Amino acid sequence: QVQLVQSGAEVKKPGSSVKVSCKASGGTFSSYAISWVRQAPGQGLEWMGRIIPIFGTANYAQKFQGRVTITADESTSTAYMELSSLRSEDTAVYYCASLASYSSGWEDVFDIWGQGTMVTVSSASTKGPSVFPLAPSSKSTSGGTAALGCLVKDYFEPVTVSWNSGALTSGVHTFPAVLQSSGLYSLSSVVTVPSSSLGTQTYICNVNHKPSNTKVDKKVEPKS
Amino acid sequence: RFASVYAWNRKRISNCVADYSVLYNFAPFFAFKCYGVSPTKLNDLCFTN
Amino acid sequence: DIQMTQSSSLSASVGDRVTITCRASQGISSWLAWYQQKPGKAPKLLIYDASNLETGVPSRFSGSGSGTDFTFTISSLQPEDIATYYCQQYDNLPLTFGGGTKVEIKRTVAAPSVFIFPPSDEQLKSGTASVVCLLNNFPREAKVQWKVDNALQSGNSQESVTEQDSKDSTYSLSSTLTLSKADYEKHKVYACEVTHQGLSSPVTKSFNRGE
Amino acid sequence: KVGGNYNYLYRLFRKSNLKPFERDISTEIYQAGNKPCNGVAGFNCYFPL
């Protein structure tokens with residue numbers, strides 16, 4: 001039995017060096033071989049390199065040599081990965097998987113995979129979000145349904161936007177991660193609710209940002 | 001001596017015994033590997049020079 | 001160098017048969033694998049030899065082909081097939097993967113729920129304005145444009161489309177305009193008109209200075 | 001494969017000569033004798049494959 005666990009997420013400046021590793025749990029470090037593969041947002045999987053802890057043989061992709069360095073040991077039983085002079089384009093999630101081509105007539109496929117290490121590059125730092133509600137007009141009601149909005153901007157990166165303390169989930173429209181020119185991200189959630197409830201029933205939108213450990217709750221109100 | 005890869009020092013060792021079990025296997029020697037012969041057999045197989 | 005091309009997006013209903021191929025420039029010596037993967041998650045290996053399935057995957061998944069060609073196949077789709085699949089080459093050391101074919105559970109089309117709301121005073125008093133247009137529960141393609149002061153404008157809003165809804169295979173396009181308070185007060189009417197693969201006309205919704 | 005194809009391996013040394021049509025599936029590290037070997041070690045306790 002074999003299973004892998006990777007490190008947590010990381011965030012650093014461009015042009016610096018980022019360090020990441022994966023534990024060679026299960027089986028043994030001698031009967032195990034590790035290989036790193038990149039997956040960029042909007043792209044498939046892409047190879048970074050391979051390392052056999054017991055044989056010590058390592059290699060890289062024809063476009064990441066020097067930029068990427070790979071190392072491993074047995075005292076810790078993990079493959080070390082270091083990416084130097086990282087560009088702003090290096091914002092991606094890196095995977096550490098088992099290299100099956102190491103032993104006994106298997107081939108170069110990955111039977112066991114880790115979770116994933118998200119490495120992001122931006123000029124901003126970890127800080128809380130800015131949140132504000134919507135303000136629809138009464139005549140916006142249509143077909144017994146009305147929209148309610150809750151927006152988040154200037155945040156740095158998971159932001160959980162929930163409605164009615166998370167008790168509402170029908171009709172949830174959410175943004176994917178979109179970054180602004182100032183190096184900051186944004187996320188907004190909008191829901192569809194009965195129109196007759198707007199003004200009669202109380203609804204509230206909440207936001208949470210775990211990295212900075214902060215919460216924001218705001219009340220939405222129509223206006224005319 | 002032999003602090004450089006260029007002008008490297010060499011030796012021709014002949015007419016004599018070679019107890020690789022004790023020589024070249026002491027503690028200060030950290031690593032040891034071979035090609036074409038396993039050390040345990042090199043302890044036995046011998047040659048001309 | 002060796003490369004491949006999967007051939008990119010599919011839609012199928014439970015029960016039907018689907019086939020996908022990843023072409024290449026040089027004959028791969030049957031050294032090709034296929035993975036299952038939710039977009040942005042750790043993949044799961046299904047096929048590692050062209051004609052041998054791994055332990056744990058049912059026989060529902062299958063594959064065929066040899067040499068400079070291959071064809072991955074699902075004998076029958078099921079709701080658990082909401083994910084992308086990646087063709088992988090391992091004939092030589094410079095490992096490369098395919099772009100990833102994505103098959104979506106197929107529930108037929110539906111009209112979108114279109115909506116709008118102007119910005120609140122909290123957004124306005126900060127020197128900026130924003131207007132969110134909405135498309136809910138509708139395939140994926142759509143477009144939003146604006147006609148402030150009755151004239152055409154474009155290139156000032158952020159369009160973002162949500163991943164497929166597993167309940168009805170629909171999508172959701174949530175978009176937002178963002179401009180200055182000066183741009184807000186300059187025009188006498190702010191309007192969003194929504195276009196969509198299915199809609200009767202550009203759905204016009206607008207507001208004025210006060211409201 | 002250029003700098004690859006590691007899935008093919010062979011045993012360099014063994015505790016004793018293999019019998020006809022024998023097959024040792026295990027890959028336990030050969031013991032050196034002169035020192036205890038529970039983990040990886042040097043001269044004789046190298047990975048047999």
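Here is how names work: the chains are called A, B, and so on, in the same order as the sequence lines, proteins then strands, and each is numbered from 1. Only a selected region of the deposited structure appears here, and contacts were counted within that region alone. Method of determination (from the header): electron microscopy, 3.3 Å.
The PDB lists the drug found at chains A and C under the name JMB2002.
Lab note: main contact partner of JMB2002 (name per the PDB entry) = Spike glycoprotein. Other chains reaching under 4.5 Å from JMB2002 with at least one heavy atom: D.
The chain of JMB2002 that has the most heavy-atom pairs under 4.5 Å with chain D is chain A. By UniProt annotation, the domain of chain D with most residues touching JMB2002 is BetaCoV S1-CTD.
This PDB entry assigns chain D to the organism Severe acute respiratory syndrome coronavirus 2. Every residue of chain D having a heavy atom under 4.5 Å from JMB2002 is listed here: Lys1(D), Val2(D), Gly3(D), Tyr6(D), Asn7(D), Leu9(D), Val40(D), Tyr46(D), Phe47(D), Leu49(D). With heavy atoms under 4.5 Å, the residues of JMB2002 contacting chain D are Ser30(A), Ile52(A), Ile54(A), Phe55(A), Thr57(A), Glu74(A), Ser101(A), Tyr102(A), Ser103(A), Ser104(A), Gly105(A), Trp106(A), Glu107(A), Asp108(A), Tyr90(C), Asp91(C), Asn92(C), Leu93(C).
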